[PDB]
There are 2 protein chains.
Amino acid sequence: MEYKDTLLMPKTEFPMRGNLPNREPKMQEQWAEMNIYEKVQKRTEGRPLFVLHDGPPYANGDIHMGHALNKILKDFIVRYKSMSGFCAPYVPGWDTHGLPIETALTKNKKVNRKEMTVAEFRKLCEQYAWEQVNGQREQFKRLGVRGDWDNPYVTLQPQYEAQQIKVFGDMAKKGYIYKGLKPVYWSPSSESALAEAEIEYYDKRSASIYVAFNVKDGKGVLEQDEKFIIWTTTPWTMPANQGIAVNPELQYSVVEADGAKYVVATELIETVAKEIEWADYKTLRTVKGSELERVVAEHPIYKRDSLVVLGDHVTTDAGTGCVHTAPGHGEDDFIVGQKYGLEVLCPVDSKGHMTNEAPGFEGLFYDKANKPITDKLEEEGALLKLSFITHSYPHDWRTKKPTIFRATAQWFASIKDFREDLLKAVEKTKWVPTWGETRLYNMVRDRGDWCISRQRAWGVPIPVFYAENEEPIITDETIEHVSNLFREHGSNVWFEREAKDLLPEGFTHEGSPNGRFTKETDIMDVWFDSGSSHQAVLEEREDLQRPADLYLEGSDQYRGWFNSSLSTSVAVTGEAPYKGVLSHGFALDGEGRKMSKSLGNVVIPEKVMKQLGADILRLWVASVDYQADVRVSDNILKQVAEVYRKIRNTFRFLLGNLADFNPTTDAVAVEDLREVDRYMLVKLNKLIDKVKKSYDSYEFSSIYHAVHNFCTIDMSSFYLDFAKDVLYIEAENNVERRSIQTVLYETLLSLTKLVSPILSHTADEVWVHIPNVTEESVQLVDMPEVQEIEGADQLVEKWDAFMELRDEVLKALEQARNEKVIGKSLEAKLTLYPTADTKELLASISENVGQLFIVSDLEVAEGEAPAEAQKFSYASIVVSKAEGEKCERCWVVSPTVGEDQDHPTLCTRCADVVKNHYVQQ
Amino acid sequence: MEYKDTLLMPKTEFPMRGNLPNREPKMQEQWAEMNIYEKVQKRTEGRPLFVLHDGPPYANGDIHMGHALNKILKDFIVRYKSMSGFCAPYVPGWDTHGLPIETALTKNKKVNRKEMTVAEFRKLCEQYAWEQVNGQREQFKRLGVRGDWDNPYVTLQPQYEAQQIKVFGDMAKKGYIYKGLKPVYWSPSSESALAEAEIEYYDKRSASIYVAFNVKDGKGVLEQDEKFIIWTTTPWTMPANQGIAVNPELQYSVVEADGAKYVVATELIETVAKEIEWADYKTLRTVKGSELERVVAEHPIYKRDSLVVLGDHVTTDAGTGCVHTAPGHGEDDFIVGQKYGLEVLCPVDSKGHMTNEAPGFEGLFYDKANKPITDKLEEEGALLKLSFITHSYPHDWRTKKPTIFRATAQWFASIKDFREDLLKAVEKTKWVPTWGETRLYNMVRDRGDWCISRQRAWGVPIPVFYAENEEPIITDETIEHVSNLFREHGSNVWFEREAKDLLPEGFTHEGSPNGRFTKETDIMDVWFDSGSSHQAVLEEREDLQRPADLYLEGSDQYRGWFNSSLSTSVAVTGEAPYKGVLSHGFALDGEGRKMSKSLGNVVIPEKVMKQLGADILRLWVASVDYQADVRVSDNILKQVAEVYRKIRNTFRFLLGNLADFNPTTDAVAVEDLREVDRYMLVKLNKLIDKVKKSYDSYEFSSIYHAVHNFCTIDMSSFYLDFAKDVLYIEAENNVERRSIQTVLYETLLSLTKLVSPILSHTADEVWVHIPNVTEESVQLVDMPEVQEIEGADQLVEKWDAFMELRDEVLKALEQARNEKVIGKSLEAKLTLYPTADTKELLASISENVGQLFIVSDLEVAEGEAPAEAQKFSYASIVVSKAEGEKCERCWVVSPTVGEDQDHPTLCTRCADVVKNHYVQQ
Ligand SMILES: C/C(=C\C(=O)OCCCCCCCCC(=O)O)C[C@@H]1OC[C@H](C[C@@H]2O[C@H]2[C@@H](C)[C@H](C)O)[C@@H](O)[C@H]1O
Ligand SMILES: C/C(=C\C(=O)OCCCCCCCCC(=O)O)C[C@@H]1OC[C@H](C[C@@H]2O[C@H]2[C@@H](C)[C@H](C)O)[C@@H](O)[C@H]1O
Ligand SMILES: [Cl-]
Ligand SMILES: [Cl-]
Ligand SMILES: [Cl-]
Ligand SMILES: [Cl-]
Ligand code: NA
Ligand code: NA
Ligand code: NA
Ligand SMILES: [Zn+2]
Ligand SMILES: [Zn+2]
C-alpha cells in the first residue's frame, strides 16, 4: 500500500527481543572493560559512606538460589546508593575454613589426612577453597552484581587470620575466653566437638530400657531386697555410670511388683507400672528424696558402687524418678557429679568407640554397643523392659549423623559477663523485619556459653600456649606475637614450627623452669572466623569502616552471622558492628515447599540465566516480599519474563519515536507544551518520588508494580496509543509532536535511571541509544530529581476526571465492538450526553477530545436522554459508525477525503502533510 | 435487506450488569418460597450424612467480617457436599446466655432488678436475645448462606438446657466435677469468677516495688540484721502475705549494699543492684535455697511471721529470687501454701475492696490501696525501690477491665482425671491446618482445671442441691429430674420454685432429717453452654448425629469452642465430638492491620452487600487462603468485582449464543466434533477434576484461579475469540456452528454447577436462562462428572503447541497495530516462517488456521525470514495489510469481495449464506 513511506515510523537499533542469555555476557564484558566499579567509586569519592558488609558465603560448590537472592538484593541497594549521593563500596567475601572443605578434599582423590602433614593437608584445603571461590565469583558476576570482585576478602587470608587472632586475644584479656572440662556435643563422624548452634534435632529410634540397681548399703532407709529403677534411652552410657540422681523434694516410694521390691517416685508409680507391664503392684513404704542421699547401690554390669545423689534435674514429667547419672555424658549429670566429687568417666573414643574403661564392650561403636549392654543387663536380671521408641535427638549440622556428649576440655566464650552490653546493642540497631530484634534479644538472654574449640586441621588455631606446669599462657604479648606471625606467614606456621618458635624470643614463664613450652592444637569454630569480619575487613581496610550501615543476610543468620558478629564486636569495641540489619527469607518452589534434590523442585541460578537471563532473575527478586519466604518456579519466572517484555517494549517505543528528536533544540518547554503532555510529566514525577522512596525504604516490590503499571496503563494503554496519530501522521516539527517527544525524552531518561539498580543490563543497553547522553554508563549518573510543574494540582484535578470519562468511553467502545458495530475505535462516532459538571470539564479541555478517544467523530449534544444507550457515571454514550470514506493514511473516517485531487484518498490533514512537508507545496 | 439484520447476534435476558445489591434480595425471596433447603434435604435424604456443626455466635449485635467469612466458608462445604452425593444438614446456632446480654438490659435499657424477680429479669434477657438472633439471622441470610434458619438451635432452648444438665450430671457421675476453694480469675466489675478463655491480655501501668522482709529467726543460716528482698507489681497483695517462696536449687547470696545486708538470688544480684540503684554492694556469704526453709521472716507492715517456703515455681527470670507468697491471690502461691499449711488469706471482696482482714486499708479499692501500702512500707523503712512500669495484664472478656485473683469456693471440671483421653482424642482427629493439632495438644497438656461456676443470672443453673449437713447432692435421679423439668418448663423453673419442688417427689437424704433442702445459685460458664452443643444439638436433633464430620471456626476457638467441646465430649463419650476441624484466620485490612473503630479500617458486611453484593464477598472468601489471616478493603473487593465481571461476561456469552440451540436436536456427538472442539472439552474435564478435588481438599483459592483462567485465557481470549465468526456469520444449522454450540452448552452446564457453592446468586441466575433445563434450581442437581475423551493426550500435545503459537501470533499482531501497520487483526495478512516443528504442527491442523488467528490471510512461507520479521520461538512472523476489499458483513479482507453482483460488498461465504438462508428459505 502506498503512503506507508510517508509515515514517521519508529526507528531504533535497540532490539525488541533482548536475547538476555547471549547479550548479557557481552554487556558484562563491556562493563569490565570500563572498570565500571572503579569509575563509580571514583565519581562518588567525596560522598557520605554507605557500607553494606558482605557476609562470607562458604567456598564450596555452586551458588544456589539463596545466594542469588542475597547478592541481588545487596546489588540493588549499593547501586541505588551510588546514584543517590552516597559512596557505596562493596567488598564481597568468602568463608574458606571448616569441616566441609576437609571432607570434600578427602574424597576428591581418596587422599587421607594421615598420609600427609597437617600443614600439607591445610595447603590443599586452601587450594580447594580458592578454586571454589573463583567458581562462585564468576557465577556471582554473571548475575550482574557489581563490586570489588578483584579485591575480595577471604577468611584464609593472613591479614584476616592475624586480625582474628587479635579479636580472640581481646576477649581473652577480658575474661570472656576460658578453658574447662565439660560434656559437649561431639560428632564421632567428624571426630570433633560441636555447639548448640551447630545442632539440629531429628527423629531417631532408641531403645527405652528400665534397669534395676540393687541396693548395697541402704543407710538405714532402704533394705537390700529393694532395687532402684532407672530409665534411659541411651544404654551406651551405662558403662560410664557413677550414681543415681534423686530429687531431694520429691517423694519416693517402695513398690511390691511381681515379687520384687522397687524404688520409684510416687507420682510416676502408675506410669512405670504401665511401661513395665506390672501385675498387682503394691506400695510398701514412702520416703523423701533427701533421705536417699549417699545410699550405695550396685552397677548392674560391673558391680561397682553407684552413689545416690541429689539433683534438681530429676523431674516427674517423664521417667521413674531415679535418673541414671554419668558425668562423662550429660551436663546435668556433670554438675551433680562435681557437687559430690563423682569421677568424670567418659569411655567413648573420639570416633564413638568404647575405650578400655568399658570392659566387655571395648572397641565397639556406641550404637552397636547398645545391644550387648542390654543383653548383659538381661543376663544379670537387671533388665526390666525393652521397648524401641522414636524420639528427637541432636544431630550434626552437615553430616546429619547423631551427636553424643563427651566430657572433654574445650574452649568457651562467656556471654554472661557482658550480656547487658549485648542487650543495648540489640535495640540500638534498626531491624527490618522488626521481629528480628526480638529474635536476637531472646537469643542473647537465653544464651549459654559458646564452645569455640574444634579438633580439626583446617582453621585458625587457638593461640594459646602451655607451660611445663600445664598452665594456659594467654598474655597480650603472646597474642600480639602470634598475630604478627600469622600476618607474615599465615596460620600454617602454627603447624610447621615448634611451640618455642611461636613465642617471642626470650619468653620466660614462672611455671616453665627449663624453658619448655607446648602449644594448643585446637582451632576456632568458623562462626568465629565469619564473626570477626567487622575487624578483619571493616576496620582493616581503607575503603570501608565500622560500624557498617547495613548487614543483609537470610533469616538463618540470627543464630549465626548476625549473632556471632555482635558477640565479638561488643566484646572488643563495646558497640554493634552494624548500624542496621536487613533479613530476607528462603527461596521455595511454586508449591511453597523447600527445594530439595530428592523432590526435584530446585531452581538453579545457572539454568535461569541460560534460559532467561540475569535481568529476569533480578526482576523476580524485585517482585517478591524478600523479608519473608518467597517462591520461584518456571511458571513464576515466565510471568516475570512477560512483565519484563512489556517494560522493554515501553523502552523501545520511546527510543524509536525519539530517532528524529534533538533534545538540545527540539525540546518543548513544560509551560509551552500541552496539558495532556504536561499531565504525563506530572505522573512521571509522581513515579520518580515513589520509586526513590521505595528504594530508600527497601520496598522493591512497590517499584516492581509501580513501573509495571506506568508502562502498561499510563504509557501504552493511553498515551502511546494516543500519540500514534501525531508521531506517525503529523509533520516531524509539528508542535504537538515535539511536545510529545519532549515528554517521551523526559520519560526515557528518568525511567532508565530508575531501573538501573534492578534491570542493570537493560538500563545500560537503553542508555547508549538515548540521545544527547555524555556518560559511558547510567551507573555514572545520579537518580532523577522531581521537578514541580506550574499549576500541577489543577492539572491533575482536570485530567484525573478526564481519565474517569476515558475509562467509561473505552467500556462503551468495547461493548460496541462486541455488538459488531465497529471493528476498531477509529470506525466509531461517539456522541456524548454529559452532566453539566462533565460538560464544563470538556470545555476546559483545549485538545481534540475526539483524538484523545481515538475516534473519527465526537459529538456533545445539547442534552437529551437517549434510547437507553450506555448509561455511565459521567455521561451516556451512543457509539455510531463514522460517516465518510476512510483516509488511506490515518484510517480516519471523514467526509474531507477526496477534497484534494492530489492525494484523493486522503483527508485534509494527511494531504497537507505530504503536500507541504514531503513536496513542500 | 440490511446486512446487520443477517447476523446471528447473541440474544439473552441475562443482564450484562449484575445489579447484585438490588437483585440478590429478589433471588433470596425466590429461594425462600421454594423452601430450597427443604428441597435439597429431601432430594438427598437417602444419601450418606455429612454434618458441619455450626458454632454458636453470641447474639448481641450486628455480624462482622469474621462472621461473614465463617458462614460463607461453611456454606461452601455444605453446598458442595449436597451436590457431591451427601446429605448435608446445616443447622445454625446462637449463644444467648451471657453477661453482655445481661448488662445491656441493665444499662442500655431502663430495667432495674430491684423492681422485678430474677426469673422475670431472665425473661427480659430471653426477649432481648431473641431480637438479636432475628437481626443476625437476616444478616446471615443476606450473605446467601443456606440452612435450617427457620428451625435453628439456641442455648436458651429448654431441650438445650436439659441436655446441658445431662452433660453436667454425666461428668459429675464420673467424678470429673467438684467444688473447691482455689484462686481463680475474678472480675471486680462483674463481681464474678472468670476463666482464661474469658481473659483478654491488655497493657496496664502498675507500680513495681522492692520490699525488704526482716529476719525474725535465721535458724542458724541467716542473721537478725539480714533481710529478704521481694519484688511485686501488686502492692495490694502485701496484706495477704504468708511467706517467702524460694527455689530449692537456686543459689542465694547475702549482699551488703549501702550499709544493709540483703538476701537475693546469686544470678540476680547485678540485675537487682541496677534497679534499686545500689552504689556499693558486696557479696558476703552464699547458701542454697534449701537451707532457708526453716527461716522465719517479718511482715513489713503487720510484723507477723512470714515463713520461708520452698517452691519450684520461683524463677530467676524476673525480680529477685524471693517471691512474697499470698495463697489467696495466686495459683502457685496456693499450691505451696497448702504444702506448708499456710492460711488462705483473701482480704479482697467480690467488689474489689479490701476487707477487715487487711487492717489499716479496709474499705479501699485494690488500685486505691496500692499507694497507702507503699507509703506505709516506706514509713516502716521496708521500701527499697518504687517504680512504675507498663506490662501485659489479664483483663475481663466483656468489661475490658483488669482482673485479680481471689481464692473462692467455685465449681471445677478436673481435666487431670482424663487428660490422657483428651490427648488421644486430639491425635485421632484431623486438623487443617495441621498445626492446630499442636495448639490443642499443648493447651490440653498445659491447662489447669476449668472453673465453670459464674455468679450471674443469665445462664444455665448448676444442678446441685445442698442438704442440711451442707453436703452436695448430685445423683442420676436428681440430674434426670432437673433435666426433665428444664425440658418441660425451661431453666426459669430453677429460679421460680423452691429446692424441694425441684427434687424428686419422694426424696430421702440422710443429710436432711427434717427434709429441708437448698439449691445452688451459681450458673454455668457460657463456654460450657457452647461446649455442650454436641449433646444438646447433634444428639438431640434427629437430622444430625455425633461425632460431627467437621467443626469450622476461627483460630480463637482452640482455647474456645474446640477445647470446651472436646473437654465435655471426651468426658461423656470418650471420643472427640468432631472427626475433623478446620480453622480460619482473622480478617485484616489492605495493609494487614487489625480492624478497629479507631483506625476506621472496618469492613462492614451490611455495607458491602449494599454496594457490591453478597456474591462479590463470597467470591473474595474463595479468593483468600482462609487457613491463615487474610486481607480485605474496598479496593480489594473492587479487584474481586473485576474478576466477577469477567466470569459473568463468560456466562452471558454462552447464554446469548445458545439462543437457537436445542440439545435434543442440534447436539453434535463427540466423535463428529472437531479436534479443537474436543480439545476444549478435554480442558473442561480438567477443570471439573481440579475444581471438585479442590472442594474436597477445602482449597477454594485453587477453584478461584482455575475458574478465572478458564474463563479469561481459555474461553474469552481463545475459544470465544474465533467462535464469534462462526456463531455470528455462518448459517444456524452449520455443523461448525452447532459443534461450537455443543461445546458451549456442555461448558455452560458444568460451569454453573461448579460455581454454585461460591457464586450462588449468579449460578441460579444463569441456571434459569440455560436452554432446555428441567430442575427448579442448580442446587437440586449433582456436580458434573469427568468423562474420558478419546485421544486426549494427543489432542493436548498438539493444541497446547498451537496455543503457544497463537500467543506469539497475538504478540506479533499487537506489535503491528502499534506501528500503524494494521488497525485490527482482520485487516492483516499473516506470513509465517516456522520452525521445523511448527511447520509439522500447522500441517496437522485441519481447521482454518487463518480463521483461528482472526486474520484475513495466512501464508506459511518456505523462504528465509526477512530482517524486519518479528522473531519468536515457534516462528518468524511478518504482519502485513491484507489484500482485497472488506466484506460489509464479516469484515474480512478478501479478493472475493466484489465478485457477486447481487452482493457487491460481500465475500463469497457471506454472499452464499445470505442468498441460501436469508433471501431464500
Ligand atoms: C535464604 C538462604 C538459602 C536459600 O534460600 O536457599 C534456597 C535454595 C536451596 C536449594 C536447595 C539446594 C540443594 C540442596 C538440597 O537438596 O536441598 C540462606 C542465605 O544464603 C545466602 C547466604 C549464605 C552465606 O553463607 C552465609 C553467611 C552469611 C555465613 C556467614 O556463612 C546467606 O544470606 C544465607 O542466610
Ligand atoms: C475470625 C474471627 C473474627 C475476625 O476475623 O474479625 C474480623 C472482623 C473484626 C471486626 C472488628 C470491628 C472493630 C472492633 C474494634 O473497635 O476493634 C473469629 C470468628 O468469628 C466468627 C465465629 C464467631 C462465633 O461466636 C464464636 C463461637 C465459635 C463461640 C463458641 O462463641 C467464630 O468462627 C470466631 O472464631
Ligand atoms: Cl509529587
Ligand atoms: Cl463538515
Ligand atoms: Cl475451657
Ligand atoms: Cl487435606
Ligand atoms: Na544524601
Ligand atoms: Na488511566
Ligand atoms: Na497445673
Ligand atoms: Zn488522514
Ligand atoms: Zn463476509
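For reference, chains are lettered A, B, ... following the sequence lines as listed. Numbers in chain A come straight from the PDB entry, and the residues shown are 1-921, in order. Throughout, chain B uses the PDB entry numbering, with the displayed residues spanning 1-921 in order. Each ligand, and each atom within it, is numbered from 1 in the order the structure gives. Quick note: numbers below take in every heavy atom, side chains included, and nothing from hydrogens, waters or symmetry partners.
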Which bound partner of ligand 1 is the main one by contact count, according to the PDB entry?
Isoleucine--tRNA ligase
At ligand 1, which of mupirocin, tafenoquine, lumacaftor, ceftriaxone is present?
mupirocin
Quick one: what other chains come closer than 4.0 Å to mupirocin (ligand 1), going by heavy atoms?
A
Which organism is on record in the entry as the source of chain A?
Priestia megaterium
